[PDB]
2 protein chains.
Amino acid sequence: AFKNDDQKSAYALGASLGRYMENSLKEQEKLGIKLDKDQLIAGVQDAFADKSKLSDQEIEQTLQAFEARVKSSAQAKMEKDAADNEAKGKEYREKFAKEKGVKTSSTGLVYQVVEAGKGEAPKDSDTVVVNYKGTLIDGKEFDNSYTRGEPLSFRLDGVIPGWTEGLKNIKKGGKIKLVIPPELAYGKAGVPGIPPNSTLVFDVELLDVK
Amino acid sequence: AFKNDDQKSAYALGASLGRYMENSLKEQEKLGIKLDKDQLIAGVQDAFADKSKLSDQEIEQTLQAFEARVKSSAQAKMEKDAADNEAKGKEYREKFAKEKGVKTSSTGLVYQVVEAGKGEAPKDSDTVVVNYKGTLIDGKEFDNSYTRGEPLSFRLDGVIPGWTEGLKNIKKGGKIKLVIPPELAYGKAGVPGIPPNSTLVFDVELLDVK
Ligand SMILES: C=CC[C@@H]1/C=C(\C)C[C@H](C)C[C@H](OC)[C@H]2O[C@@](O)(C(=O)C(=O)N3CCCC[C@H]3C(=O)O[C@H](/C(C)=C/[C@@H]3CC[C@@H](O)[C@H](OC)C3)[C@H](C)[C@@H](O)CC1=O)[C@H](C)C[C@@H]2OC
Ligand SMILES: C=CC[C@@H]1/C=C(\C)C[C@H](C)C[C@H](OC)[C@H]2O[C@@](O)(C(=O)C(=O)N3CCCC[C@H]3C(=O)O[C@H](/C(C)=C/[C@@H]3CC[C@@H](O)[C@H](OC)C3)[C@H](C)[C@@H](O)CC1=O)[C@H](C)C[C@@H]2OC
């Protein structure tokens, strides 16, 4: 294929800009914003060959207005998701908390011990070894150590408060379901894969405490 | 001929990215690196269609090596420039030093007293106030105090050695032309606006010694 570097590196540098444009389009689609892909490419080709059909001022201004649109659309969507997820989350916890075997701690953490396990109570400075499954209240799975490949280890005080607190309710060999409010998890900001004010549901198997 | 925002903003976004690429390639060009632009647009299109001939891993691998080639070529070019200026500067100094009224000091500073001035000469702990104009040997002006509408003040011992020494050759009210070898100036590394091993030409007026 590639005869050498002025070729290989060029293609890579280009592939990388492609990649980047696809990723970018992917975030705009979250907001219902769909740019014309043929035009996006034509602009790239035109510029790369110095034949842009828009002046530098028209480019500056068009981008300026477009990025105001994106930010203004993303902000509104964050705001609405935050409020929606806070209320749906609350309702969800309230319903689940009333069920048999389910408990609510003084912090608002809602949990269901499935297997107590046996051994020492995990403490903040312990390293726990776990398998887990993490999903949003709507059933969307966001994390799964099982399909990731191996049991994960961490310091108990290095994880979110919902976990630091929850795992203390069981021992090695145990299993618990944690239903965690955003204020004991990722809050209003959320993190990639976790929307604002998200209540999280984890099914955790505690393999070791060391 | 854009009909709508999804069309115009997309073109704009593309043109802006492609212009960014072209600007980086232009810098690569100053170093003798001229990427194959047909392959570059091939990568853009292929990755855009999710058919990059390079995997994400290969892309990253290719660009790391490419990045190493650029830096290495950047260094080679500073080295060639260092050698070229050193030589060109030595010739320029040699020719000028033979002219009527020009002197060469023991350190290799070449200078021409235009007006002796009158009063004390600058000594090491002293402060001097000067107007000056600095140019590279080809005539490009890198600094001109006259344009700030005010002279410059500094400690004689706080400046490059060619000035520290050179100004001891005149007195308050004097003028002198200093032709300074790189080793009494910014040396092989230079500074922004002053290339490697540049010989500097300064026209100085000494206003005060205090
Ligand atoms: C940047 C370094 C990467 C580094 C990545 C790893 C070692 C891999 C590790 C298996 C994480 C998973 O990666 C595949 C993935 O697991 C999640 O999907 C998840 O199920 C989860 O919620 N878990 C994992 C299990 C314990 C509860 C919790 C957590 O406490 O996770 C912790 C977490 C993110 C705490 C933040 C820390 C920042 C604070 O500001 C914030 O405070 C609000 C809380 C994890 C252990 C971090 O400490 C360590 C890291 O982040 C997150 C949704 C995102 C996370 O990927 C990043
Ligand atoms: C708050 C005060 C900070 C103050 C910062 C500024 C005003 C910088 C500002 C942009 C304009 C500078 O000039 C006003 C400008 O001056 C040049 O254009 C120039 O014509 C020059 O070569 N000059 C100026 C006149 C005397 C000769 C000489 C010099 O010796 O300059 C001196 C110098 C740089 C000494 C270094 C000291 C460290 C040594 O290690 C090095 O030795 C290698 C030499 C100057 C006087 C410093 O004392 C002044 C300062 O520090 C340089 C090409 C680049 C330099 O800007 C970067």
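By convention in this document, chain letters (A, B, ...) are assigned in the order of the sequence lines, proteins followed by strands, and residues within each chain are numbered from 1. Read the numbers this way: they start at 1 and go in the same order the structure lists the ligands and their atoms. Recorded method for this deposit: X-ray crystallography, 2.2 Å. All values below were derived from every heavy atom in this structure, side-chain atoms included, with hydrogens, water molecules and symmetry-related copies excluded.
Considering selatogrel, tigecycline, tacrolimus, vincristine, venetoclax, the drug or drug candidate at ligand 2 is tacrolimus. Tallying contacts with tacrolimus (ligand 2), the largest count belongs to the chain named in UniProt as FKBP-type peptidyl-prolyl cis-trans isomerase FkpA. Other chains near tacrolimus (ligand 2) (heavy atoms under 4.0 Å), by letter: B. Around tacrolimus (ligand 2), within 4.0 Å by heavy-atom distance, are found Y132(B), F142(B), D143(B), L152(B), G158(B), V159(B), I160(B), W163(B), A185(B), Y186(B), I194(B), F202(B). Put simply, atom 2 (C) of tacrolimus (ligand 2) has no protein non-hydrogen atoms near it, under 4.0 Å away. The single protein non-hydrogen atom nearest to atom 53 (C) of tacrolimus (ligand 2) is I194(B) CD1, 3.6 Å, given as residue, atom name and distance. Numbered from 1 in the order shown, with element, the atoms of tacrolimus (ligand 2) that lie under 4.0 Å from a heavy atom of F142(B) read 20 (O). There is no protein heavy atom closer than 4.0 angstrom to atom 40 (O) of tacrolimus (ligand 2). Within the 4.0 Å cut-off (strictly below), a protein heavy atom is located near atom 28 (C) of tacrolimus (ligand 2). Under the 4.0 angstrom criterion, atom 51 (O) of tacrolimus (ligand 2) counts as lacking any protein heavy-atom contact. Of the protein's non-hydrogen atoms, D143(B) OD2, 2.9 Å is the one closest to atom 18 (O) of tacrolimus (ligand 2). At least one N or O atom of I160(B), backbone or side chain, sits closer than 3.5 Å to an N or O atom of tacrolimus (ligand 2).
With hydrogens left out, the protein atom closest to atom 36 (C) of tacrolimus (ligand 2) is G158(B) O, 4.4 Å, a heavy atom.
Most of the interface of chain B with tacrolimus (ligand 2) sits in UniProt domain PPIase FKBP-type. For atom 24 (C) of tacrolimus (ligand 2), the closest non-hydrogen atom of the protein is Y132(B) OH, 3.6 Å. Ranking protein heavy atoms by distance to atom 34 (C) of tacrolimus (ligand 2), first place goes to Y186(B) OH, 3.7 Å.
Under the 4.0 angstrom criterion, atom 55 (C) of tacrolimus (ligand 2) counts as lacking any protein heavy-atom contact.
Scanning the protein heavy atoms around atom 46 (C) of tacrolimus (ligand 2), the nearest turns out to be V159(B) CG1, 4.0 Å. Proximity to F202(B) (heavy-atom distance under 4.0 Å) selects the following atoms of tacrolimus (ligand 2): 20 (O), 22 (O). For atom 21 (C) of tacrolimus (ligand 2), a protein heavy-atom neighbour is present inside the 4.0 Å cut-off.
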Which N or O atoms of tacrolimus (ligand 2) sit under 3.5 Å from a protein N or O, and how far apart is each pair?
| from | atom 1 | to | atom 2 | distance (Å) |
| --- | --- | --- | --- | --- |
| tacrolimus (ligand 2) | 18 (O) | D143(B) | OD2 | 2.9 |
| tacrolimus (ligand 2) | 20 (O) | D143(B) | OD2 | 3.1 |
| tacrolimus (ligand 2) | 22 (O) | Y186(B) | OH | 2.4 |
| tacrolimus (ligand 2) | 30 (O) | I160(B) | N | 2.8 |

